[PDB]
Number of protein chains: 4
Amino acid sequence: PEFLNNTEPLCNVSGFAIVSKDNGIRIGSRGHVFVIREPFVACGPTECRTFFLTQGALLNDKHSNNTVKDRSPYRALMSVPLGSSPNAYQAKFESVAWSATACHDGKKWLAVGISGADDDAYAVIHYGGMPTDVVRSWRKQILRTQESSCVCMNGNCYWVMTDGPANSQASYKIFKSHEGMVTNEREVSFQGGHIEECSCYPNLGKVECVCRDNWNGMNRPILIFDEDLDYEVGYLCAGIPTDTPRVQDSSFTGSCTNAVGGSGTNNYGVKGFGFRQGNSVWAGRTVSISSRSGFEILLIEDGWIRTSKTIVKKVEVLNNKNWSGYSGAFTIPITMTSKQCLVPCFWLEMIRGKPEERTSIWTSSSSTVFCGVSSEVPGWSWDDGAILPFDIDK
Amino acid sequence: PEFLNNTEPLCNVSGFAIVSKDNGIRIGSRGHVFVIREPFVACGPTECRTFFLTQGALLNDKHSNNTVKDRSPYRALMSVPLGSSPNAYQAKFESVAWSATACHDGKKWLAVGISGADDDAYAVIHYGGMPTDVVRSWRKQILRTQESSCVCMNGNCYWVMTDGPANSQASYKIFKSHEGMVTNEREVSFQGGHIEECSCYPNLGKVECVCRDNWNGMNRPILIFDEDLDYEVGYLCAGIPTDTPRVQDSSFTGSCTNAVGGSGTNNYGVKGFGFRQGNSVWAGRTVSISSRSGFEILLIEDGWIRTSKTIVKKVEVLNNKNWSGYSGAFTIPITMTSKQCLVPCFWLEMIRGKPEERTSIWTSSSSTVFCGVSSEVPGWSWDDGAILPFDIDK
Amino acid sequence: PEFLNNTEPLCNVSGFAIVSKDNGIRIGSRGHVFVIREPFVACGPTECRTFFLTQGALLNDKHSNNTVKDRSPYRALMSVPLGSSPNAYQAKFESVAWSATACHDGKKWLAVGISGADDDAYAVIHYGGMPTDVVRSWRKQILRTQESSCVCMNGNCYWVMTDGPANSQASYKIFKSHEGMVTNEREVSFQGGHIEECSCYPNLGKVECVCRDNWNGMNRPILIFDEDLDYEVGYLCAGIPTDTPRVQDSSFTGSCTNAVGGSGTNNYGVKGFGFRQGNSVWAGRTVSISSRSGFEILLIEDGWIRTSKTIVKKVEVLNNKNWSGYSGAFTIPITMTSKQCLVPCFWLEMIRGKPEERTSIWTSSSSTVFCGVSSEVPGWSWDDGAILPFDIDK
Amino acid sequence: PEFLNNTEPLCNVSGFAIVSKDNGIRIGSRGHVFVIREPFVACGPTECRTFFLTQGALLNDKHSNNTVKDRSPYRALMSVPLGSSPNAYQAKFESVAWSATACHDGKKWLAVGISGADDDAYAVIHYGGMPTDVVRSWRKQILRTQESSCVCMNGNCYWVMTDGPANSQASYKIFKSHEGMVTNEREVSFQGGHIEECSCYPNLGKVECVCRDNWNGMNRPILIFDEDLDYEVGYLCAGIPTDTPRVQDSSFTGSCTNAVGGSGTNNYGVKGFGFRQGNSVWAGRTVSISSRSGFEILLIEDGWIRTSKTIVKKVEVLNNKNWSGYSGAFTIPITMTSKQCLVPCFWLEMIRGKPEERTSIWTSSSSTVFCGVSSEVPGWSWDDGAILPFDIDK
Ligand SMILES: CO[C@@H]([C@@H]1OC(C(=O)O)=C[C@H](NC(=N)N)[C@H]1NC(C)=O)[C@H](O)CO
Ligand SMILES: CO[C@@H]([C@@H]1OC(C(=O)O)=C[C@H](NC(=N)N)[C@H]1NC(C)=O)[C@H](O)CO
Ligand SMILES: CO[C@@H]([C@@H]1OC(C(=O)O)=C[C@H](NC(=N)N)[C@H]1NC(C)=O)[C@H](O)CO
Ligand SMILES: CO[C@@H]([C@@H]1OC(C(=O)O)=C[C@H](NC(=N)N)[C@H]1NC(C)=O)[C@H](O)CO
Ligand SMILES: *[C@@H]1O[C@H](CO)[C@@H](O)[C@H](O)[C@H]1NC(C)=O
Ligand SMILES: *[C@@H]1O[C@H](CO)[C@@H](O)[C@H](O)[C@H]1NC(C)=O
Ligand SMILES: *[C@@H]1O[C@H](CO)[C@@H](O)[C@H](O)[C@H]1NC(C)=O
Ligand SMILES: *[C@@H]1O[C@H](CO)[C@@H](O)[C@H](O)[C@H]1NC(C)=O
Ligand SMILES: *[C@@H]1O[C@H](CO)[C@@H](O)[C@H](O)[C@H]1NC(C)=O
Ligand SMILES: *[C@@H]1O[C@H](CO)[C@@H](O)[C@H](O)[C@H]1NC(C)=O
Ligand SMILES: *[C@@H]1O[C@H](CO)[C@@H](O)[C@H](O)[C@H]1NC(C)=O
Ligand SMILES: *[C@@H]1O[C@H](CO)[C@@H](O)[C@H](O)[C@H]1NC(C)=O
Ligand SMILES: [Ca+2]
Ligand SMILES: [Ca+2]
Ligand SMILES: [Ca+2]
Ligand SMILES: [Ca+2]
């Protein structure tokens, strides 16, 4: 086993093809499937896996009550092979966690899981299934991380964490690790900005992240850093807002540097992603400007470098009559593709239950996964598909 | 790992011995088993696997309602070891799919799964579990494929697809791939003919296919092609019709070149198979001429080359009091047999529920699998065996 | 991988220690566990597995109705790791089968499974999971085999089959195979004798079998053969009868050559085992002389060579207040023990339901497994432990 | 594969970070999870596993009735990957057992399981899944062992067993084994002392054990021995009692040599652990002095060598409003950590049901696991989390 380089350029893609759909909630109507949320995908040299935060309880069981709640001692990071339901018998335990990130360095799996009290949480770093290091909360205010794949290059793995208020200035840090040990860290200066739940991917030896601003921005923060943790921080330049909530495109003016908000969009957001394509960008967003429903991906001409409103391509993978949720980025390594570039992929979380579906006592999600290809691909609507309410709700 | 040659001659066999029976629906009365249809078997260097199209739902669950329906965003191609039920905890996710084919090239599994809207579907090609390529619908009319094993020879894998009307002239294409990338394609000129759901196998370096004509033929199309995708197309010469519906043998006159139909047999069919045996042929068919019930296999003397009605051997593996369905061909590679020829095998789908059993809200199937041997083997009736209706039907 | 020699002498043992108990029926009260019977154990170079004949149905499900029945198209030979319940998600499919034997030659698993009609059954031989050969019924009267491990030595695997009446003179054959192909066979001349369900093991390069006489003998047939299939046949000499039904010891006089019966013991029996120990023998038997209840193993001084009634050791592993059933022999290869002799082990089937427990609609069994050790070991009573009737019975 | 040295010094640690939580009882409300107790963790070269004693029955099933009972023929030692629920489909069978220990020598798993009658029990030693040796009861009074990981160094594995009265002078023995064969044993002279359920770990080539005195001591016995089975025996010197029941710290005076008890603490106890840290000690204990509730770990300055009451650090991992139970020690080998010292870890059993929760008919437990790290780590309360009573209790 050797470390994955992962220093190749990101592939330029013209479309996204569906790779998997787990149908976990449909299956969990009768099968034994964890209540989850915050799923994500990460790939190693030979396989991709779906990670997720369980609620330490199964669908259609009484312990699924009140699972809209974000943090508890019962939540765990676990994984299954890509496409499998997050079920009770295939799930691989990764970490105790109510917030997490994971990735593969070419030799072993790295998993970072945060648990503990809101005012004194800590991340446990697991490497090859063994606990190796810890990161303590430095602001004592809900230490939290990506809820998507971290990035490994040349044997070093990188991720972003936040600590501090949800709706005002917080603290943002980049971490570097080798074989599960933290070897470097850097605080990101971002006055007036807010960074959470970064979706990051490798691109020509740098880590590029598209994040969530839960404060004053309906545009998404962009964070780019190198192996030294030297960084650039700002916002996705595009004159098309991609957070939720947001306003209609025509009411929005882009900015490369400033959080753009107001108009009832402040103080919330949703995890999302984008992929740089030279000077352009593929960016995902919910179809609804106000709720987590529908999902589409847009190719915005020069959207990485200027306040462009030029949409070159748009593909819908979930119509606005169906519930979405988080989305995130990952890449497929050269060892699986034999290519000279890294294939950009994204996953989509489809949340069922509370708060949108009040007649259910629970909250869970299922996923779809899509990967970039060199040609245009039609969209469709691959919805969660579960019929609610469930037995336990009656 | 090396590519499988698969250029050996097909074995001549005198009988078919039962290899497996999954009893999936019986088990699914209580166990957690997917609702499926369109099962098939494919073999790699070291194991054979049963593939199937799920309905993204389990037996005896409410989500099994209306599963007679052919296409949805919830259907997936998955696999289990040969003989296992298609259950929720062993199933390996292969592709999103409401139509599919899969095979092993000696190094990795190839899976081709079609999803999307009827008027803009696309196949995603998965190789070693990674998405590698896409094939878009070229006629925008339910792009569809074999529902059985594709064929790999010398590192290249081949399959047949159709796009166009179900009951009139459509378009038929052969595809060639290497490591999951389409490297060649050829449209098959077949005016007045109709090709669907080809059952294909290697024979002395060529691919031989026996298909379904859903238009004017109660006889089965034969398609034979080489590595260049140069092809011969026509019908199984035998003066014994093997599609369903069909007429009694004595009311049928064979043709090597023309669809032979009429007499209330037009506009439907069922997936089936045949194996060339020199100039003769082993061909499967339902026992009923009008419904998918019973199953028998016939050795027809010179049936590959002339309109022979001479039945040399006949073996029944399912009596006409029990439901059948699709059947398909595969081969066992030399790496498992140590032989100098490729062993012909077939599987049989046994459909339960709608439309024949109206008191059930669902449709699924189970399977039996048989392989050719050098001696005569007695038949029997290995029926699905489930007792309907199920709990969910009441 | 190399073929196992298995030509070492059988170990002399002074006691039997419990190795596993699967508790399958207890577990199956709620878990998803096959209805089975005729379990047995066989060992490969690196693991031992429990094989069993399913009824193609799960415990506590309606399809378990009438599972007292011996033969159906739904029965399959499957296996799990030693000690596991025969459950729906770990079970490995081996063969379609209502009668079977299996063993490992050092390179691959051999499984022989008989299915088909009573008057035209056939065994399918599976090697490394691939069908390799067939054995047809030669008397057309319920072709049947050991229901325990076959024996492999130097790359050749051997087993015994019977065809003919259950309660009068039948036909008995020994088979030799290499890589799943039958390479030799020999009919055993045994006029007035009856052989079924042989429990066989290797001992100094010969195969020694202890069988069931279902005709005129309450003593057990002994069959010993070499690689040429040259054989000796007779009865266990001991003046202690070990079949069930039988009479009390004091009413029995042994014979090395003749079936000894009468006194209401004719026309039935139970699968059992014995291990030669020089001139002595370890022999198992039910505690009850009339029913399949309790289980004990006896060391009979010189019991292999003369009509001895001298019981040197007796160990009970199941008291007579609990149901037993079949028992059978296997050995542990040198590759697992590092010893110079083959360790004798036995398994015990504990049948629940019909016919002894009439208030249940089903019949299944669970198992315990014991291996010989160089010292005396106390007995106990490790009963099935399930509480009947089950939910499905009400 | 080579034998693990395991002769390194134990790491000095300043805190304990949570590594896993299985949530087994929560999951078992709907999933198929064994009723268990006496869980423990042991690590091999490449993975850690959770071992447990099942009751041969599943949660929420009628066979869970009366599982407060300690010993039966249905109990088995099984294992799952660290963090998994002890479920019906992942559980690996290890030994028949109502008392057990297990560990990995670098090449294979060793498992020691005791079953049989109270007055004639015996341990079966399993090595690489094969039975290798037996240890008989020498006092004929509930032969019993650690209920936690044994210790392997340089290819030899060591464990402690007890035989004799629960509440008066018993007999205590140390065992040494190589490849599953007992190669040495030594009786420990400890007049007036009582040793049960030792928690042992390697430290600089010696085995250090912290045990339970079920007779006259509310302080814990310490047993230290070398490869010759030469030993030192006494009590944890600290002037802080760590058994349960016990008295408040201020009412206790330590002793290195004598059982300190009385004040209603005699004749009971609970399995616990401690780790030497030079002259100091990390010791676990329930928060309650009288019941198995809460759990905390204390660093006591010089507590290994003198009657110190100086508590340097205290971390609570379970508050006193929640049920605890047994706790035990294990280490992570250098092959997983790349360190020069052995990482000390502990697990915590959280018992639900009888006797504390009388409205449940059953008793089971779940676990949390923590490993030592080089920095201080905050505590929290990671409770079992199941909501009782369960369905089966109503
Ligand atoms: C507190 O809410 C944060 C998180 O947001 C939400 C949500 O669906 O929007 C899900 C998470 N749930 C979990 N990851 N478990 C959160 N993050 C946490 C740590 O609660 C937010 O980003 C503001 O800080
Ligand atoms: C539309 O019907 C087609 C297919 O036929 C049927 C059937 O049981 O006969 C099952 C399929 N179900 C699936 N493979 N899911 C079909 N094929 C599709 C793509 O629907 C037919 O061959 C005509 O074009
Ligand atoms: C027909 O009865 C035979 C078998 O005996 C019985 C029984 O519990 O005694 C179980 C078997 N069940 C299965 N192996 N399935 C039988 N053997 C068969 C082939 O039915 C007997 O040995 C006489 O020929
Ligand atoms: C008899 O009680 C002993 C054991 O203690 C208890 C308990 O929760 O305290 C659990 C065990 N349960 C099991 N390991 N199954 C016991 N040990 C046994 C062998 O019963 C005790 O240590 C006195 O000898
Ligand atoms: C969920 O919690 C609410 C509030 O306690 C309760 O009223 C309801 O009955 C619970 N549902 C279940 C299934 O326990
Ligand atoms: C992607 O496109 C950009 C803009 O044309 C170009 O600079 C870059 O080389 C491309 N990357 C790859 C991997 O083709
Ligand atoms: C199946 O669908 C039909 C039509 O909506 C409905 O009447 C019936 O109740 C459904 N059955 C179940 C179990 O949901
Ligand atoms: C099969 O039979 C045909 C016709 O006799 C013959 O040409 C061919 O060689 C045979 N194939 C094999 C593999 O034996
Ligand atoms: C079992 O079969 C008998 C006879 O047909 C029937 O009376 C009984 O109801 C069946 N039990 C179940 C659970 O189907
Ligand atoms: C078993 O005992 C017999 C009788 O003493 C003896 O001939 C034989 O050598 C022994 N076998 C072994 C393997 O010790
Ligand atoms: C548990 O055992 C008691 C005593 O026999 C009995 O009263 C109770 O009904 C049992 N509960 C169950 C679920 O069997
Ligand atoms: C642990 O600390 C003790 C006391 O200072 C010291 O003697 C020992 O060397 C330390 N062990 C390690 C592995 O650092
Ligand atoms: Ca926002
Ligand atoms: Ca037709
Ligand atoms: Ca008899
Ligand atoms: Ca005590």
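In the text below, chain A, chain B and the rest are named by the order of the sequence lines, each starting its count at 1. For ligands, and for the atoms within them, numbers begin at 1 and follow the listed sequence.
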*Under the nomenclature of the PDB entry, which macromolecule has the greatest contact count with ligand 3?*
Neuraminidase
Which drug does the model show at ligand 3? laninamivir
Counting non-hydrogen atoms only, which other chains lie under 4.0 Å from laninamivir (ligand 3)? C
C:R212 touching laninamivir (ligand 3) at heavy-atom level, < 4.0 angstrom
yes
Worksheet item: Taking the minimum heavy-atom distance to atom 4 (C) of laninamivir (ligand 3), which of C:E197, C:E196, C:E147 ranks first?
Response: C:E197
Which organism is cited as the source of chain C in this PDB entry?
Influenza A virus
*asked:* Below 4.0 Å, non-hydrogen atoms only: which portion of C:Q141 touches laninamivir (ligand 3)? Side chain, backbone, both or neither.
replied: neither
- laninamivir (ligand 3) covalent link, residue and atom or none: none
### Query
Hey, does C:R37 come in under 3.5 Å of laninamivir (ligand 3), counting only N/O atoms on both sides?
yes
Review point. If you measure every N/O of C:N214 against every N/O of laninamivir (ligand 3), is any gap under 3.5 Å?
Key: no
- Query: What neighbouring ligands or ions lie under 4.0 Å from laninamivir (ligand 3)?
  - Reply: none
Give the residue list for laninamivir (ligand 3), heavy-atom cut-off 4.0 Å. C:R37, C:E38, C:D70, C:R71, C:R75, C:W98, C:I142, C:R144, C:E147, C:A166, C:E196, C:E197, C:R212, C:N214, C:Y268, C:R292, C:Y326
Check laninamivir (ligand 3) for N or O atoms under 3.5 Å from a protein N or O and list each pair with its distance.
residue: laninamivir (ligand 3); atom: 5 (O); partner: C:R212; partner atom: NH1; Å: 3.4
residue: laninamivir (ligand 3); atom: 5 (O); partner: C:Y326; partner atom: OH; Å: 3.0
residue: laninamivir (ligand 3); atom: 8 (O); partner: C:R37; partner atom: NH1; Å: 2.8
residue: laninamivir (ligand 3); atom: 8 (O); partner: C:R292; partner atom: NH1; Å: 2.8
residue: laninamivir (ligand 3); atom: 9 (O); partner: C:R212; partner atom: NH1; Å: 3.1
residue: laninamivir (ligand 3); atom: 9 (O); partner: C:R212; partner atom: NH2; Å: 3.1
residue: laninamivir (ligand 3); atom: 9 (O); partner: C:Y268; partner atom: OH; Å: 3.4
residue: laninamivir (ligand 3); atom: 9 (O); partner: C:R292; partner atom: NH2; Å: 2.7
residue: laninamivir (ligand 3); atom: 9 (O); partner: C:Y326; partner atom: OH; Å: 3.3
residue: laninamivir (ligand 3); atom: 12 (N); partner: C:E38; partner atom: OE2; Å: 3.3
residue: laninamivir (ligand 3); atom: 12 (N); partner: C:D70; partner atom: OD1; Å: 2.8
residue: laninamivir (ligand 3); atom: 14 (N); partner: C:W98; partner atom: O; Å: 3.2
residue: laninamivir (ligand 3); atom: 14 (N); partner: C:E147; partner atom: OE2; Å: 3.0
residue: laninamivir (ligand 3); atom: 15 (N); partner: C:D70; partner atom: O; Å: 2.9
residue: laninamivir (ligand 3); atom: 15 (N); partner: C:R75; partner atom: NH1; Å: 3.2
residue: laninamivir (ligand 3); atom: 15 (N); partner: C:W98; partner atom: O; Å: 2.8
residue: laninamivir (ligand 3); atom: 20 (O); partner: C:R71; partner atom: NH1; Å: 2.9
residue: laninamivir (ligand 3); atom: 22 (O); partner: C:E196; partner atom: OE1; Å: 2.7
residue: laninamivir (ligand 3); atom: 24 (O); partner: C:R144; partner atom: NE; Å: 3.2
residue: laninamivir (ligand 3); atom: 24 (O); partner: C:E196; partner atom: OE2; Å: 2.6

